[PDB]
S.K.: 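Below is a structure containing ampicillin. Please help me interpret it.
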Amino acid sequence: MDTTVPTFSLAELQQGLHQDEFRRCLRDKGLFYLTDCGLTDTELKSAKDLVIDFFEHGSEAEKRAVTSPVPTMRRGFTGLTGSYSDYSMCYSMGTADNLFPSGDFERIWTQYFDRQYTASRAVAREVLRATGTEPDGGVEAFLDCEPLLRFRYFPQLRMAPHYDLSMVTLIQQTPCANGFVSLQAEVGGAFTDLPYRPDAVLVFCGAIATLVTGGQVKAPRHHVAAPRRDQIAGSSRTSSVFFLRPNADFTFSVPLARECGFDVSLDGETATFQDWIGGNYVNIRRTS
Amino acid sequence: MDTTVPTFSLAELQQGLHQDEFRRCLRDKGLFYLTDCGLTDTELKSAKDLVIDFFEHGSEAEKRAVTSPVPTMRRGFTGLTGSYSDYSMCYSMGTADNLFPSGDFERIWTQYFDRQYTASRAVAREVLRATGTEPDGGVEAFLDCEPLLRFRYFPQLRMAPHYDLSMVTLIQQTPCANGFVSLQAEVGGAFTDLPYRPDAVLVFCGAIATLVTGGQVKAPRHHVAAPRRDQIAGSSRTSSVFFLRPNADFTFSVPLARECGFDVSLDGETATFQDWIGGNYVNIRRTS
Amino acid sequence: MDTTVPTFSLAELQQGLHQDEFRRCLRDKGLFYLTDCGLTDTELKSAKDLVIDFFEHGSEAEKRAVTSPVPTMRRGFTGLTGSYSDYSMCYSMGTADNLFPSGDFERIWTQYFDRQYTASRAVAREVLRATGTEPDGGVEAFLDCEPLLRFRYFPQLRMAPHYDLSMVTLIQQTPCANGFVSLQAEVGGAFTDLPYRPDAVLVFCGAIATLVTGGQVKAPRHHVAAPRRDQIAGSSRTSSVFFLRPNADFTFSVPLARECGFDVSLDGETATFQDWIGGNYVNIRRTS
Ligand SMILES: CC1(C)S[C@@H]2[C@H](NC(=O)[C@@H](N)c3ccccc3)C(=O)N2[C@H]1C(=O)O
Ligand SMILES: CC1(C)S[C@@H]2[C@H](NC(=O)[C@@H](N)c3ccccc3)C(=O)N2[C@H]1C(=O)O
Ligand SMILES: CC1(C)S[C@@H]2[C@H](NC(=O)[C@@H](N)c3ccccc3)C(=O)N2[C@H]1C(=O)O
Ligand SMILES: [Fe+2]
Ligand SMILES: [Fe+2]
Ligand SMILES: [Fe+2]
């Protein structure tokens with residue numbers, strides 16, 4: 001195996017190009033960079049700009065006003081002697097129930113969310129087409145789902161190894177000033193760098209892609225590294241992480257789940273996502 | 001915001017005093033000290049006395065006889081080369097299925113439990129009244145619930161940051177001989193000391209208060225710190241932690257849950273506590 | 001209490017010998033070594049031989065071909081700059097859906113699995129008989145279940161303290177060249193060594209034995225230690241861990257569960273294993 005993380009143009013895939021390369025990428029790697037999907041650096045920088053201003057310059061009171069009463073990191077702001085936000089701050093959003101610091105932030109972030117949600121649906125549609133997969137209930141009902149967007153600022157592991165439990169996850173990063181590459185994934189049994197690319201988004205396949213396709217798609221393990229010390233000046237970083245997550249009522253075959261590695265304890269022949277994961281979303285999982 | 005942790009007299013709240021102060025405390029802080037609730041230092045010391053004697057002087061055989069066959073810390077004693085109890089010992093009780101080292105311990109601990117359970121119900125009734133909340137099924141059925149009391153001796157973080165998943169949690173501590181203040185909570189985005197007060201109990205609102213009230217009550221994050229070394233002589237401590245926990249069949253609105261931050265994966269319009277958390281109680285949660 | 005970990009011959013127990021000793025062992029310890037159960041060192045070495053050859057000498061491509069697309073450690077190979085397998089490698093199997101590196105490996109490992117599954121059922125039948133226990137639905141339907149076998153190579157804690165959630169767990173180890181004893185369990189409130197025995201398998205009772213027997217069987221806590229440094233040359237080791245796990249539909253009394261320490265949040269009077277643990281198997285649990 002070439003252990004190179006590939007790149008695909010969404011526009012080209014949608015035109016039927018690179019069918020074998022894409023399908024083998026999904027089976028053997030389960031991650032790739034995606035160009036030509038409507039996600040520019042320019043917009044990343046505009047959404048990034050307005051939230052970073054809020055993180056640095058918003059007051060305790062303004063933060064409070066967009067903090068959920070339970071600290072779940074589902075919507076709004078999460079700071080996370082001193083503060084939980086010493087380590088990192090988060091801003092989360094979905095298709096509704098959002099908490100916005102102002103009308104300007106709302107306009108920018110709604111647009112950014114919608115662009116990520118469209119791209120995510122679109123790449124997912126290609127993963128399903130590439131694998132000949134018709135979800136129970138059909139493709140469009142499956143993709144009209146329960147996305148979660150989290151943007152996270154890290155001051156100068158960071159994140160332990162895990163796989164995602166999404167259909168797909170779209171990641172936009174900003175680079176470390178000092179060049180350190182924090183995001184890593186297992187490819188060919190070894191940890192491969194996943195650097196910022198100004199022209200592309202990183203796609204990880206998650207365990208729901210494995211499930212829905214009957215095991216035709218790998219859900220790779222990945223983690224976020226921390227610098228040496230030679231590299232701990234200018235080591236701060238941000239990431240925009242978009243989880244395309246199924247509806248609670250997403251239904252699948254139990255015997256099929258078993259065949260691809262899922263250690264289910266489910267009686268009978270079909271089950272729902274809620275049956276499997278329970279009554280709260282679980283976005284990530286460790287192999288341990 | 002004043003980030004002072006307030007104190008309320010339960011007797012005064014029950015007479016309708018400090019309505020605005022209490023309601024704003026619940027919304028903006030979700031914790032407070034409570035006086036005038038039937039919980040003296042004297043009784044803490046009497047229950048504390050008899051269990052500490054058991055911890056230090058009870059034999060392996062006497063410990064065994066009040067240890068559950070599965071090490072869940074639900075009832076009885078939990079020790080928790082050498083032993084799991086090197087780090088800490090626990091004594092747990094509920095409204096039934098209790099394991100008591102003797103008739104004297106049973107009398108003292110039953111009375112102590114009942115006083116904490118009454119106070120917990122009583123403060124919870126005030127939180128519900130303050131927020132205009134009628135639980136599905138009514139107030140009294142909601143409060144006749146599944147409490148758990150755990151008393152824990154810590155030898156000289158200790159507890160990672162979390163919020164509780166109770167309606168309310170009542171905490172009585174004994175101080176460190178050397179003055180160190182181990183319990184901390186986020187208030188105004190910063191870690192505030194929560195010291196022993198001889199005349200008062202500390203109340204944390206938990207995520208069930210947030211849920212049942214439709215988001216009118218904050219569930220604060222809190223953690224237990226460890227000394228410096230200048231403060232690691234005389235750093236042992238004890239805490240009595242009373243979780244007022246809903247019945248499995250406690251029913252709530254799914255859309256309402258979503259509106260206040262709960263990242264539910266629940267199909268349809270109502271759900272039960274068992275639907276949400278699953279078939280075992282989960283007492284605490286991290287934001288991570 | 002004698003805190004010696006006892007040994008029983010399965011053949012003798014099946015003939016009705018040592019009834020009191022066995023029953024008191026289950027109640028007070030919940031672990032023992034088992035001889036005369038069809039599990040030789042010779043076979044351990046033959047299954048061990050062929051998998052260790054695969055771990056050291058199988059290629060990336062051959063590993064890939066027996067790796068599940070989701071990294072669950074349910075079937076096949078789990079490696080677990082550099083690799084997740086730097087720390088340890090795993091090989092997992094069940095009664096079906098297995099992934100085998102070759103016809104020779106398959107023959108050897110199928111036979112090894114079957115021998116462990118037979119021994120596990122057989123010792124479990126004795127635990128149930130010793131405690132006068134008839135599972136809902138009868139003994140044989142209960143024991144025709146969902147086993148999982150994991151073989152794990154550890155290079156030179158390792159495993160945090162936990163109890164198992166199996167009916168029983170059978171452990172075959174190979175020793176450290178340097179004599180260090182990694183596996184430890186709580187017996188008499190203290191950590192007792194559990195060394196390799198060439199003629200015997202180690203049996204841990206799990207929480208399902210506690211549950212099904214109404215609390216007549218202890219589920220002990222255990223952990224895997226790491227050497228000093230004087231003992232970190234020749235500290236690598238392997239273990240074969242067989243979990244005899246109930247069917248999803250295993251049914252028990254909720255009030256009875258409560259009586260023995262299980263902190264269930266289950267409405268009504270009976271429940272299933274799936275109700276209690278959820279839709280994925282959970283093999284181990286910490287007291288924390
Ligand atoms: C590696 C990842 C793709 S998944 C991981 C992590 N996951 C989350 O925050 C997610 N659990 C979350 C969303 C909303 C509320 C609570 C929590 C995240 O972000 N990391 C991404 C990254 O580092 O690139
Ligand atoms: C911060 C807290 C209010 S909640 C936290 C912790 N929680 C538990 O022990 C509880 N999970 C438990 C009860 C019974 C059986 C198993 C476990 C506890 O005690 N700490 C309190 C404290 O330190 O003041
Ligand atoms: C102490 C133990 C008896 S249980 C513990 C651990 N558990 C597992 O690997 C098990 N969770 C597993 C099986 C399959 C897929 C995912 C995970 C294991 O192995 N250790 C044994 C040991 O060290 O002797
Ligand atoms: Fe991830
Ligand atoms: Fe707590
Ligand atoms: Fe174990």
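Each chain gets a letter, A, B and so on, in the order the sequences are listed, and its residues count up from 1. If you're wondering, the header gives X-ray crystallography, 1.5 Å. In each ligand, atom 1 is the first atom listed, and ligand 1 is the first ligand listed.
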S.K.: What is the full set of ligands or chains that belong to ampicillin?
M.R.: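 Counting all copies, it's at ligands 1, 2 and 3.
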S.K.: For ampicillin (ligand 3) in this structure, which bound macromolecule has the most atom pairs within 4.5 Å, going by UniProt?
M.R.: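 Most heavy-atom pairs under 4.5 Å are with Deacetoxycephalosporin C synthase.
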S.K.: Okay, with a cut-off of 4.0 Å on heavy atoms, which other chains neighbour ampicillin (ligand 3)?
M.R.: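 The other chains in heavy-atom contact are C.
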S.K.: Considering the heavy atoms of C:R152, write down every atom of ampicillin (ligand 3) situated less than 4.0 Å from one of them.
M.R.: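 Within the 4.0 Å cut-off of C:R152, ampicillin (ligand 3) contributes 5 (C), 6 (C), 7 (N), 8 (C), 9 (O), 18 (C), 19 (O), 20 (N).
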S.K.: Counting from 1, what ampicillin (ligand 3) atoms have a heavy atom of C:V224 closer than 4.0 Å?
M.R.: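 Heavy-atom distances to C:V224 below 4.0 Å select 23 (O).
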S.K.: Enumerate the atoms of ampicillin (ligand 3) whose separation from the nearest heavy atom of C:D164 is less than 4.0 angstrom.
M.R.: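 Atoms satisfying the 4.0 Å criterion: 3 (C), 4 (S).
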S.K.: Could you check which of C:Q173, C:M73, C:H222, C:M93 puts a non-hydrogen atom nearest to atom 1 (C) of ampicillin (ligand 3)?
M.R.: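 It is C:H222 that holds the nearest heavy atom.
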S.K.: Tell me which UniProt domain of chain C holds most of the residues near ampicillin (ligand 3).
M.R.: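 The UniProt domain in question is Fe2OG dioxygenase.
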S.K.: Consider ampicillin (ligand 3): state whether an atom of it lies below 4.0 angstrom from any non-hydrogen atom of C:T72.
M.R.: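 It does; at least one heavy atom falls under 4.0 Å.
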S.K.: What are the atoms of ampicillin (ligand 3), with element, lying closer than 4.0 Å to any heavy atom of C:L148?
M.R.: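 Answer for ampicillin (ligand 3): 13 (C), 14 (C), 15 (C).
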S.K.: Would you check the N or O atoms of C:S92, main chain and side chain alike, for any that come under 3.5 Å of an N or O of ampicillin (ligand 3)?
M.R.: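 N/O-N/O distance under 3.5 Å: no.
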S.K.: I need the atoms of ampicillin (ligand 3) closer than 4.0 Å to a non-hydrogen atom of C:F243, numbered in the order shown.
M.R.: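 Near C:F243, meaning under 4.0 Å from one of its heavy atoms, ampicillin (ligand 3) has 4 (S), 7 (N), 8 (C), 10 (C), 12 (C), 13 (C).
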S.K.: Any idea which atoms of ampicillin (ligand 3) are less than 4.0 Å away from a heavy-atom of C:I171?
M.R.: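 In order of numbering, the contacting atoms are 3 (C), 24 (O).
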S.K.: Identify the binding-site residues of ampicillin (ligand 3) using a heavy-atom cut-off of 4.0 Å.
M.R.: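 By heavy-atom distance, that gives C:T72, C:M73, C:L148, C:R150, C:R152, C:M159, C:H162, C:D164, C:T169, C:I171, C:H222, C:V224, C:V241, C:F243, C:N283.
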